[PDB]
Visitor: 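Context: structure of darunavir in complex with Protease.
Chain identifiers are assigned alphabetically from A in the order in which the sequence lines are presented. For chain A, we keep the numbers from the PDB entry: what you see runs 101-199, in order. Here chain B follows the PDB entry for its numbers: 1-99, in order, are the residues you see. Read the numbers this way: they start at 1 and go in the same order the structure lists the ligands and their atoms. We use all heavy atoms of the structure for the numbers below, so side chains are in, but hydrogens, waters and symmetry mates are not. Structure method, as recorded: X-ray crystallography, 1.5 Å.
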There are 2 protein chains.
Amino acid sequence: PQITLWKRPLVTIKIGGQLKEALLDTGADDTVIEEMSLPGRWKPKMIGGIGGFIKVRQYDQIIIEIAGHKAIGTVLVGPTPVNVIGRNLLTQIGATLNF
Amino acid sequence: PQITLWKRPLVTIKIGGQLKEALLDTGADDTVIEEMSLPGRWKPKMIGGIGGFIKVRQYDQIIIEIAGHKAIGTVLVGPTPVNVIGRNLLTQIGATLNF
Ligand SMILES: CC(C)CN(C[C@@H](O)[C@H](Cc1ccccc1)NC(=O)O[C@H]1CO[C@H]2OCC[C@H]21)S(=O)(=O)c1ccc(N)cc1
Ligand SMILES: [Cl-]
Ligand SMILES: [Cl-]
Ligand SMILES: [Cl-]
Ligand code: NA
């Protein structure tokens, strides 16, 4: 797919059998999703965005489908205002920016 | 170009006569630049992201040169940790996300 940017680049993701909406975000290093349950252990992480730092739960090697493409990697869970797919998983689905 | 996402997609921009580095950010609705002076009128705005909100100055009809391509639109100025080129200007340079 070729996604233009006149609207937010929102896609359907599937994580834990659940469909969610997420933003494809080239300005995010990491993928951050709103509070949900994920399996296994987590490790702490602080991430810094526009407004300041937040604490998140880091889950590694999580299976996630993004716009129909399978990825397996790190998912951060915390109080983000929107689910964002960051570069760690955009690279796994082969995404590039083009102009 | 085609920009891969293994690393942050940073580019050189020219704005208000100044060269700056900025992140090409599909997750940003609007372009946000670190504190600088710009000509003309402005109005206050609050914009929110992970960590919460910051107060910015909204300037309209600002020209920016992005990676050699000129674009005009709104630029927000304030205490952002990173300069970001958001969708409002990415569209004008014909940027797309492809996978
Ligand atoms: C959270 C998104 C919905 C919105 N953001 C754009 C986003 O790309 C930011 C842009 C960004 C980048 C660095 C620092 C602050 C903000 N990235 C970000 O917060 O990423 C976090 C998750 O991975 C990490 O890597 C980068 C920081 C972490 S935002 O910077 O808060 C923002 C909000 C509104 C406008 N107009 C412009 C930008
Ligand atoms: Cl990962
Ligand atoms: Cl604009
Ligand atoms: Cl177009
Ligand atoms: Na103006």
Visitor: Across the whole structure, where does one find darunavir?
Guide: ligand 1
Visitor: Which other chains have a heavy atom under 4.0 Å from darunavir?
Guide: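 By heavy atoms, the other chains are A, B.
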Visitor: For darunavir, which residues make up the site at a heavy-atom cut-off of 4.0 Å?
Guide: A/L123, A/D125, A/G127, A/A128, A/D129, A/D130, A/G148, A/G149, A/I150, A/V182, B/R8, B/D25, B/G27, B/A28, B/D30, B/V32, B/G48, B/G49, B/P81, B/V82
Visitor: Around atom 24 (C) of darunavir, find the nearest protein heavy atom and jot down its residue, atom name and distance.
Guide: A/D129 N, 3.5 Å
Visitor: Distance to 0.1 Å, residue and atom name: give those for the protein heavy atom nearest to atom 11 (C) of darunavir.
Guide: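 So the nearest neighbour among protein heavy atoms is B/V82 CG1, 3.7 Å.
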Visitor: Just to confirm my output: which protein heavy-atom neighbour is closest to atom 19 (O) of darunavir, and how far is it?
Guide: A/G149 CA, 3.7 Å
Visitor: Would you mind listing which atoms of darunavir come within a distance below 4.0 Å of any non-hydrogen atom of B/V32?
Guide: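 It comes down to these atoms of darunavir: 35 (C), 36 (N), 37 (C).
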Visitor: Report the nearest protein non-hydrogen atom to atom 33 (C) of darunavir: residue, atom name, distance rounded to 0.1 Å.
Guide: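 Nearest protein contact, heavy atoms only, for atom 33 (C) of darunavir is B/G48 O, 3.4 Å.
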Visitor: Tell me, which protein residue and heavy-atom name are nearest atom 32 (C) of darunavir, and how many Å apart are they?
Guide: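 Here the closest protein heavy atom is A/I150 CD1, 3.7 Å.
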Visitor: Looking at B/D30, which atoms of darunavir are within less than 4.0 Å of one of its heavy atoms?
Guide: 35 (C), 36 (N), 37 (C)
Visitor: Would you say A/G127 has any N or O atom under 3.5 Å from an N or O of darunavir, going by distance alone?
Guide: yes
Visitor: Which organism of origin does this entry record for chain A?
Guide: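 The deposit names Human immunodeficiency virus 1.
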Visitor: Of all the non-hydrogen atoms in the protein, which one sits nearest to atom 8 (O) of darunavir, and at what distance?
Guide: B/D25 OD2, 2.4 Å
Visitor: Report, in ascending order of atom number, the atoms of darunavir lying under 4.0 Å from any heavy atom of B/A28.
Guide: 37 (C), 38 (C)
Visitor: Any atoms of darunavir less than 4.0 Å from a non-hydrogen atom of B/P81? List them with their elements.
Guide: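 The list of qualifying atoms is 14 (C), 15 (C).
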